[PDB]
Enquirer: 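Below is the structure I would like to discuss, written out as structure tokens.
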Amino acid sequence: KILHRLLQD
Amino acid sequence: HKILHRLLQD
Amino acid sequence: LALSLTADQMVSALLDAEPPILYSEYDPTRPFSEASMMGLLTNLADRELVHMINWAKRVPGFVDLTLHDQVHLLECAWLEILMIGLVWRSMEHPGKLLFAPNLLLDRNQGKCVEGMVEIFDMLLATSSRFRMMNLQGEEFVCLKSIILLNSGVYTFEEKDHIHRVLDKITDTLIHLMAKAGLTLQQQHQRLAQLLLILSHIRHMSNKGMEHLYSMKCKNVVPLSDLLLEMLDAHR
Amino acid sequence: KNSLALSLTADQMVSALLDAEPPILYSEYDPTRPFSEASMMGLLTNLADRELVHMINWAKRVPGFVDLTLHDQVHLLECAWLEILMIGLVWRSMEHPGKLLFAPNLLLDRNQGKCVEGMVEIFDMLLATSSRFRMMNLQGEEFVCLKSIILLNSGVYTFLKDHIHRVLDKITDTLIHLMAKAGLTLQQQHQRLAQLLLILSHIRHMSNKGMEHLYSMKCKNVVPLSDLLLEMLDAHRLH
Ligand SMILES: C[C@]12CC[C@@H]3c4ccc(O)cc4CC[C@H]3[C@@H]1CCC2=O
Ligand SMILES: C[C@]12CC[C@@H]3c4ccc(O)cc4CC[C@H]3[C@@H]1CCC2=O
């Protein structure tokens, strides 16, 4: 999940 | 002549 | 004369315009199939539909609008109105949808029809919300009227007249909340909380229309020509 | 077990929302060769993909959002992303009657919309929405509140919790405060709040139409879609 990654980067 | 329009007229 | 009614008699006229609760011609002796359950739903909707049209005639301000406008409003709102009606009266049957007094379908029975479980879940969620906030029938009849008047107004001036009567119902909503004992800020909060549920009802309606449209092409069940006029105005 | 969002004053809410605003981005739109269905979709989805990156940063700057668990945050964004893009667009297009300001270097009017069959009716609704904000004098302070409502609201009912409704109430409180400050009468305040909240229903509608159109473009191989966008669509499900 790219969104999940961007959400915690 | 939509049946809706005729139901609204009546 | 609609802009000059009092909150009280705005409420009064709406409670008195309410459609009857219809029954399903479901036979508790022969079990479900996708096609029988859907047939039962679209039959029920075709009938509620003709009542809705008369109810709309008795929403204040409606017959002030051109017949071409009245059609456009009913065409956009119709399923949304159907759905809030369903959610309202399913309100104190946790986990189920009272489609008709003799047709209350549990979340599981949503699976008989492919793709319906999803729309069911959103409907019961909303019903779980109304109950949570303990929605009142006087507020309900306002929401419903608001949907009728709001849903199609931006896709048309009498837009103003419509907004003018939409402000009246807003006024009515707050009157009902003040009289119920809410501080000012509890009033504006509750009002907002109710109006935000209309966006979700809009969402369910958008989803319900795509599913209705797929059941139609696949010819799994026959729709009355009234329901199809209604459908086909959406695409 | 708390949220520094629930004890923000009105002013502090407005301040923190205004500063969290994403930048306006430009289209890599090359005006030296014609518009085609593919190429317009290409420019739009490209712009949507990069706006997305900033939207996420912004959401983490909406008071009370980062207090949610990731899995909730994900669901909200997944659920609201297109509504947020849409309302941003409509805001930018306010004082440009008849046109959509996708980017300072990408003003498209309704007819350009026909370049992609199936699009013009969404342009039509987006423009209707722009006129309505315009003729009701929407303010930036109100805009950033509406935008934050769409975020927290659009996914809250498909969580099948009260902290999200607490923050939503505090935004309602902020909206009213702003109206009273602008000198609206008590009942003008509640009328205007309703008029703004009712427009969110129509933005939700546009989002659903926009989602179905984007899905169509995908299933007809008219344009590639960044894996990010592809995952946004997938959260939704179409036929
Ligand atoms: C229109 C519909 C059938 C009829 C349902 C119906 C029928 C009667 C009623 O009081 C409420 C509803 C709510 C949902 C409606 C379905 C969604 C998808 C579909 O095909
Ligand atoms: C998603 C979309 C392309 C990209 C558009 C877009 C792109 C950038 C932006 O700042 C706003 C919008 C609003 C609508 C979006 C379209 C609706 C249907 C479609 O295919």
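A, B, C, ... go to the sequence lines in the order they are written. All residue numbers given for chain A refer to the PDB entry; the residues shown span 688-696 in order. We're sticking with the PDB entry numbering for chain B, so the shown stretch reads 687-696, in order. For chain C, we keep the numbers from the PDB entry: what you see runs 306-461, 470-548, in order. Quick note: numbers on chain D are straight from the PDB entry, i.e. 303-462, 472-550, in order. Side chains included, hydrogens not; waters and symmetry mates left out as well; all remaining heavy atoms used. Order of appearance sets the numbers: ligands from 1, and atoms from 1 within every ligand. Recorded method is X-ray crystallography, 2.3 Å.
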Enquirer: Given the options cladribine, estrone, forodesine, which is seen at ligand 2?
Expert: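 The right pick is estrone.
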Enquirer: At the binding site of estrone (ligand 2), which chain contributes the most contacts (name from UniProt)?
Expert: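 The chain with more contacts than any other is Estrogen receptor.
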Enquirer: Identify the other chains in heavy-atom contact with estrone (ligand 2) at a 4.0 Å cut-off.
Expert: D
Enquirer: UniProt domain of chain D with the most residues touching estrone (ligand 2)?
Expert: NR LBD
Enquirer: Write out the residue and atom name of the closest protein heavy atom to atom 1 (C) of estrone (ligand 2), then the distance separating them to 0.1 Å.
Expert: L525(D) CD2, 3.8 Å
Enquirer: Measure the distance from atom 12 (C) of estrone (ligand 2) to every protein heavy atom, then report the residue, atom name and distance (to 0.1 Å) of the closest one.
Expert: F404(D) CE2, 3.8 Å
Enquirer: Which residue holds the protein heavy atom closest to atom 18 (C) of estrone (ligand 2), what is that atom called, and what is the gap in Å?
Expert: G521(D) O, 3.3 Å
Enquirer: Please list, in number order, the atoms of estrone (ligand 2) under 4.0 Å from a heavy atom of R394(D).
Expert: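 That gives atoms 10 (O) of estrone (ligand 2).
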Enquirer: Give the source organism of chain D as listed in the PDB entry.
Expert: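 Source per PDB: Homo sapiens.
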Enquirer: Counting non-hydrogen protein atoms only, what is the nearest one to atom 8 (C) of estrone (ligand 2)? Give residue, atom name and distance.
Expert: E353(D) OE2, 3.8 Å
Enquirer: Quick one: nearest non-hydrogen protein atom to atom 7 (C) of estrone (ligand 2), plus distance?
Expert: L346(D) O, 3.5 Å
Enquirer: Under 4.0 Å from any heavy atom of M343(D), which atoms of estrone (ligand 2) are there?
Expert: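 Taking each heavy atom of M343(D) in turn, estrone (ligand 2) has 20 (O) under 4.0 Å.
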Enquirer: For each nitrogen or oxygen atom of estrone (ligand 2), which protein N/O atoms lie closer than 3.5 Å, and how far apart are they, rounded to 0.1 Å?
Expert:
{"from": "estrone (ligand 2)", "atom 1": "10 (O)", "to": "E353(D)", "atom 2": "OE2", "distance (Å)": "2.4"}
{"from": "estrone (ligand 2)", "atom 1": "10 (O)", "to": "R394(D)", "atom 2": "NH2", "distance (Å)": "3.2"}
{"from": "estrone (ligand 2)", "atom 1": "20 (O)", "to": "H524(D)", "atom 2": "ND1", "distance (Å)": "3.3"}

